[PDB]
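Figure: lobeline in its bound pose on acetylcholine-binding protein, neuronal acetylcholine receptor subunit alpha-7.
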Amino acid sequence: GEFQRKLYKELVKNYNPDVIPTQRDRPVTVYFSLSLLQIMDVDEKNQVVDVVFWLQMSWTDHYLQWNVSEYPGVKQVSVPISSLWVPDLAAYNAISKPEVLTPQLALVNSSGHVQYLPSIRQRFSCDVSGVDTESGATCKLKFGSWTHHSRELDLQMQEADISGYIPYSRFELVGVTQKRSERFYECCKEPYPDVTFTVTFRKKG
Amino acid sequence: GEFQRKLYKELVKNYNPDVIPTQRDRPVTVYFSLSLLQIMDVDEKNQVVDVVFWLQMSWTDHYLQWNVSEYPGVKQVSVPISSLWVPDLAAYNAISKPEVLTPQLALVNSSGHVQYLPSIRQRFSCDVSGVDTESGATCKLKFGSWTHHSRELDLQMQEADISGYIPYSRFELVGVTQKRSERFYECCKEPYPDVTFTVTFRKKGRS
Amino acid sequence: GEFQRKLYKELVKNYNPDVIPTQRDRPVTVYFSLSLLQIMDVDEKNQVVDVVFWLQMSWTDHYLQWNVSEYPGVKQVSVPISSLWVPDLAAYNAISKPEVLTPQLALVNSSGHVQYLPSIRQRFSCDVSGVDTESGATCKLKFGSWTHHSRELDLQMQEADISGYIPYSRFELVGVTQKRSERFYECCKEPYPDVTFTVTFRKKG
Amino acid sequence: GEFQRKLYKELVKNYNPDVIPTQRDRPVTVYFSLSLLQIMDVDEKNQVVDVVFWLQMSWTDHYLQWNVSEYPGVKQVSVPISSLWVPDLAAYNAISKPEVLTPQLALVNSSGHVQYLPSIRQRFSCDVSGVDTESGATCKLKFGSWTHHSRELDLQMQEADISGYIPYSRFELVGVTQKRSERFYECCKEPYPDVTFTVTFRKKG
Amino acid sequence: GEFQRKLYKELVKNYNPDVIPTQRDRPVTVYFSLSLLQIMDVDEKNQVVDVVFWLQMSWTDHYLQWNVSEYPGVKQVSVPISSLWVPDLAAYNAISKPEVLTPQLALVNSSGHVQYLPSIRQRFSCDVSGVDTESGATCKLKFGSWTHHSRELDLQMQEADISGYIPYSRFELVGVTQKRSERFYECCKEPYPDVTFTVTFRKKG
Ligand SMILES: CN1[C@@H](CC(=O)c2ccccc2)CCC[C@H]1C[C@H](O)c1ccccc1
Ligand SMILES: CN1[C@@H](CC(=O)c2ccccc2)CCC[C@H]1C[C@H](O)c1ccccc1
Ligand SMILES: CN1[C@@H](CC(=O)c2ccccc2)CCC[C@H]1C[C@H](O)c1ccccc1
Ligand SMILES: CN1[C@@H](CC(=O)c2ccccc2)CCC[C@H]1C[C@H](O)c1ccccc1
Ligand SMILES: CN1[C@@H](CC(=O)c2ccccc2)CCC[C@H]1C[C@H](O)c1ccccc1
Ligand SMILES: O=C1C[C@@H](CCc2ccccc2)CN1
Ligand SMILES: O=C1C[C@@H](CCc2ccccc2)CN1
Ligand SMILES: O=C1C[C@@H](CCc2ccccc2)CN1
Ligand SMILES: O=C1C[C@@H](CCc2ccccc2)CN1
Ligand SMILES: O=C1C[C@@H](CCc2ccccc2)CN1
């Protein structure tokens, strides 16, 4: 409506989507979780797993807040992600670019909270040779910021989700785990956090 | 015409295609139907169906109206979708990005009714293991707004179409049903609607 | 060309490539030719034919005309098509997006006659089951405006043209017929013309 | 550096990369050569050859000159090709879009001489049926302007050799020729020049 | 943050990403190294190797420097590579475009030192006919500037890395060397440096 129209004019004014929305040297906290939907394929030769998954990501951008009293009815807006700052999360062991399956929009509410929930297909490097054993194969999907350390971008995970995994796949899901690590590199004194999702699966029968 | 050109210059003036055209607390009603054109392939190993279908979407955008008496002769205009708000409808169970096959333009008439009618190829997760049986395989093509709840974007469904299904495919179309649902999610305050097209089909040569 | 450079500055000024250049209730006539160059492949399982063809499309855009006396020497110019209104021609039974193989330019002369001549590869739905028989397979390649009716866009066809068919294909091009129809739809008062190119072909072996 | 920065501000001023930089009725002479690097594959069923080649293209853009003593040290610059007018050269018998393998930058020196030297992968229509015979298969890769005739764009060849042909492929070169022609087409009163690279090759062994 | 935002406004104002940041008598030194992460596939028929690798590239762009006291808290910023000058490094023997697997961002600090660390998947021409043998197959991945000679772009290599190579690939990484070379072409007075990465590998047994 007219109030959203006006809201967009205001927020866009000096907004720079290339600048991480830190304030007073405090990190932007980014919440992150992966829901595995489908294992599409495994390449036992080239050691690759092909997966479809749902990412849940959220963080606050203080430059995107407003008073609902100034914009009655407007509690949250749908925004193209290209028009706002987004975490530069990399899939560490991807061997293909992500194919984003869903509209590239984020949800923003009046306290500046952003929710971005893409469904994604992507291939990853993985030792899939256990895929026929009862042990099964174990694949790690590792994500983290490519250019921001812990003190700029504080990546945290939220509860994992398996309810969405399709039941009719030829791969059975035996276990999925999530953990947050902080790793140090010779380059820098600050750590870089990453969230790793560990999937254990096997062929049915 | 010269009047159509004047009309673009006005309909552009304060229009933001990123903003859903709700008015006065009222949701935008979006009518939606799918017509199955062809089942291109089934992947029995990976559980995927590859379909070409024609979507009919229409809604009213009250910011896109004009008096015909001011712009005489202009009953309607064809507008690239990137110049107007369009519903962020997503295929919930798709495993590939949609490939839009037709010009990305929408028809808009003087009372702001918009019609966007793309043809699309896309692949969906589906249990196709029964494709070789008499009862066939059943696939749910489930669509809904990715970000807009019911009270902003009121998704309604209109009468389907089977008449466009190509007769020479190796897949016999045994039926297509469509239903609108609406649920609450634990995440959010407002309910969300979706329209699901259920397609049952089998290989003509299954025996 | 200095005069050419001035002509571009001037022509752009009030030009809107989204506006069909009808004038005085008259439809824009669009001449449409298709020259089949090569049948790349047939998929007998999925019922698809993969073709390379040359489209010739011309029409007059009255907003693109100029006085040659004002721009001496400038009789025709070569212009990116993205800067011009172009007919929204759809391939009705295509199952892939068109791959345009040639520079995306159109010729425009001083009376505003545009010629756009892309070479295109594209896959179409087709019953190719008879391809190995003596009768061969028949594929219809159907095109028409997606959003403009007859009184706005008058699609006219030109000579059938088989001369570009490569002679070393494994497919023998029996013949190519063509027809224009004005189809009515329940939705609308006005008909929408389409041109259909019917291609009959068979394996040389 | 600083002089180069100042040069850009001047050069960009009225520059239109959509406008062929002719002058005084005279064409823009464009030199062209092709050096074949590798035949990647042949498709005997669909009659296609997949090649990687090196184009050497050069021409004079008279709007891109400057006095070197006005910009001391600046004798040539690397410019993205999207900023420049470039010849609208097409591969007449390509069946795929060209895949440019190298940075899209052209060298431009102070008298307006432009060199653009892309390495390209591309598939062409070709009768490759004789590939396993002694005489081999002969493919013609034909290039020319898509929209400019002889009197606007004077395409000339320069000599090339086969030095860059990779020696460890499964194909050997039996013959290579490269020639410029000037033909009339049914459409136009003006001749259009082309350059054709004719390669004859066969499977080793 | 507010100071990062003011920093972007300031830099953008005069920055030109098309100008190489040389100064009179000083080339831009560019540091370069390749870490092989995985050999995805070898094509023994067409002579291609498909590899995933991490490039580390750095250089100083004096135009990107700022005074830290004018921008307290801001020691470094993440910048989209498309906003800055980047070395035009080409893969000499690549037969496909690079597929960049990581966010296209570089780290820039207050001295104007730019670090760009992309993960890349790319296919190269290589004689892999020895891959099943004892001595294995040897591939040269050759990189260097496509258009800048030594006195403009001083390409230099740094310490290599094998640590990242995946231990579960079917290919056993035997040896890896890197060398910086300087080559003259008949065309040009000035030499063009390249860094070449030599990989020896074999199928596991
Ligand atoms: C990019 N790198 C850190 C920075 C850094 O290393 C670095 C910084 C500056 C100079 C040299 C190296 C930032 C956080 C991500 C990390 C990624 C890891 O390297 C990596 C690279 C390639 C494959 C897997 C993992
Ligand atoms: C996106 N989601 C609702 C929003 C929401 O969940 C949500 C919102 C905010 C926070 C956390 C979750 C809105 C309506 C669509 C629905 C989609 C479905 O989840 C879904 C997820 C993954 C694959 C298929 C379908
Ligand atoms: C799009 N349609 C006409 C418009 C219209 O139908 C229509 C208009 C408004 C409302 C509902 C339907 C315009 C001319 C093209 C025609 C196309 C055909 O439907 C069609 C759709 C999908 C595959 C093949 C053919
Ligand atoms: C494009 N065409 C000429 C232009 C022209 O014909 C033309 C001009 C104006 C109107 C109608 C046709 C210019 C020079 C190249 C020539 C190309 C060849 O036809 C051709 C067509 C299809 C595939 C391969 C080659
Ligand atoms: C582009 N070329 C040099 C310049 C130059 O040759 C050249 C310059 C001017 C005119 C003619 C040729 C610059 C440094 C890179 C070198 C590339 C090599 O040729 C080459 C070409 C094709 C595949 C692999 C390698
Ligand atoms: O804004 C975004 C997009 C989202 C994509 C996740 C991803 C990126 C690259 C490779 C794999 C997955 C992360 N943040
Ligand atoms: O925003 C849009 C895109 C257009 C296409 C419909 C679609 C989207 C996603 C998956 C399948 C189909 C409708 N509205
Ligand atoms: O401006 C244009 C492009 C031309 C393309 C024809 C086409 C469209 C869609 C599918 C296949 C071919 C039509 N008008
Ligand atoms: O500016 C340019 C691009 C270069 C590409 C040549 C080409 C085009 C189309 C198919 C094959 C090769 C020519 N001039
Ligand atoms: O311009 C660039 C791109 C970036 C990546 C290097 C590269 C280019 C082409 C093929 C492989 C790798 C460095 N500089």
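Chain naming here is simple, since letters A, B, ... match the order of the sequence lines and numbering starts at 1 in each. Counting starts at 1 for both ligands and their atoms, in listed order. Per the header of the entry, the method used was X-ray crystallography, 2.1 Å.
- Here, the model contains lobeline as ligands 1, 2, 3, 4 and 5.
- Every other chain with a heavy atom under 4.0 Å from lobeline (ligand 5) is listed here: D, E.
- Neither the backbone nor the side chain of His149(E) comes within 4.0 Å of lobeline (ligand 5), counting heavy atoms alone.
- Proximity of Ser119(D) to lobeline (ligand 5), defined as any heavy-atom pair under 4.0 Å, is not found for any part of the residue.
- Contact annotation: for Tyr92(E) versus lobeline (ligand 5), heavy atoms closer than 4.0 Å belong to both the backbone and the side chain.
- Distances below 4.0 Å separate heavy atoms of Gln115(D) from the following atoms of lobeline (ligand 5): 9 (C), 10 (C).
- Set against the non-hydrogen atoms of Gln56(D), the atoms of lobeline (ligand 5) under 4.0 Å away are 11 (C).
- Looking at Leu117(D) against lobeline (ligand 5), only its side chain comes within 4.0 Å, counting heavy atoms.
- The residues of other chains having a heavy atom under 4.0 Å from lobeline (ligand 5) are listed as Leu37(D), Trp54(D), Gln56(D), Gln115(D), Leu117(D), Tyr92(E), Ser145(E), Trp146(E), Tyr185(E), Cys187(E), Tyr192(E).
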